[PDB]
**Q** 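Take this structure, written in structure tokens, and hold onto it; I'll ask about it next.
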Amino acid sequence: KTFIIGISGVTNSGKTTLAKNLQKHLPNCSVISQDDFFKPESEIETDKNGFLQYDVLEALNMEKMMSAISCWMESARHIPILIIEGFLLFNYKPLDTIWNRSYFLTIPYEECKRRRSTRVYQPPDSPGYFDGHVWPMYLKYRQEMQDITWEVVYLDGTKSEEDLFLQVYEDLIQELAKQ
Ligand SMILES: Nc1ncnc2c1ncn2[C@@H]1O[C@H](COP(=O)(O)OP(=O)(O)O)[C@@H](O)[C@H]1O
Ligand SMILES: NC(=O)c1csc([C@@H]2O[C@H](CO)[C@@H](O)[C@H]2O)n1
């Protein structure tokens, strides 16, 4: 009765952008962004080397988010589409049995690091934060995904913004078609 779509991938791979596009052209379509569930700065930890721990599941209120998803799901039974976009989704076990479609955006190390630097975060990226925490954590996430039993459709984040949208858009109808 409801279609749940997952969109993950490394930071700045283009998740927000894909989510918004599908959102505009998809009927009865909602969006939940994993980033709205970050714990307050006062709750974040810094490792030995003085790096704030943001790229780990512990830096996000995931029980808050699952509750937000349950709300949507149950109020939906009253075809509803939910796009859940986030940089750390396919390694959070409670979601595995909820996905109807999973997409993973990939972007090279150089492009990613570049895009990242055009964005001022809060707290701002400390010196060598990207190499010292962001990249290492993504790689650690990519590895925690070697265990995935279901099917994740990999996307090329270097591709056109509309080419990615269209690739996903077609498929989503060739998936709703069997509905
Ligand atoms: N396909 C694309 N090609 C080039 N730049 C892109 C593309 N998609 C997004 N961007 C840019 O990359 C940066 C971050 O994109 P964003 O959608 O926020 O990705 P994410 O949600 O994974 O961090 C922004 O400058 C965005 O405009
Ligand atoms: N305040 C925040 O929410 C925050 C500070 S840095 C940050 C970044 O969010 C990215 C995932 O989208 C992750 O790489 C964090 O470094 N978030």
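Numbers in chain A come straight from the PDB entry, and the residues shown are 2-79, 92-192, in order. Atoms within a ligand are numbered from 1 in the order they appear, just like the ligands themselves. Computation of the quantities below employed the complete heavy-atom set of this structure, encompassing side-chain atoms and omitting hydrogens, waters and symmetry-equivalent molecules. Heads up, header says this was done by X-ray crystallography, 2.7 Å.
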**Q** Which polymer chain sits in most contact with ligand 2, and what is its name in UniProt?
**A**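 With more contacts than any other chain, that's Nicotinamide riboside kinase 1.
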**Q** What drug or investigational compound is present at ligand 2?
**A**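 Found there: tiazofurin.
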**Q** Per UniProt, some residues of chain A bind ATP; which of these have a heavy atom under 4.0 Å from tiazofurin?
**A**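 The overlap, by heavy atom and UniProt annotation, is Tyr134.
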**Q** Do any UniProt substrate-binding residues in chain A have a heavy atom less than 4.0 Å from tiazofurin, and if so, which?
**A**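 In chain A, UniProt ones with a heavy atom near tiazofurin: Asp36, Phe39, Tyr55, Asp56, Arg129, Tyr134, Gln135.
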**Q** Give the UniProt active-site residue in chain A with the shortest heavy-atom distance to tiazofurin, rounded to 1 Å.
**A**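 UniProt active site, heavy atoms, to 1 Å: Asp36, 3 Å.
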**Q** Listed by chain and number, which residues of other chains have a heavy atom closer than 4.0 Å to any atom of tiazofurin?
**A**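 The binding site of tiazofurin (heavy atoms) is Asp36, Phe39, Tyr55, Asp56, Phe100, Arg129, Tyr134, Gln135, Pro136, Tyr142.
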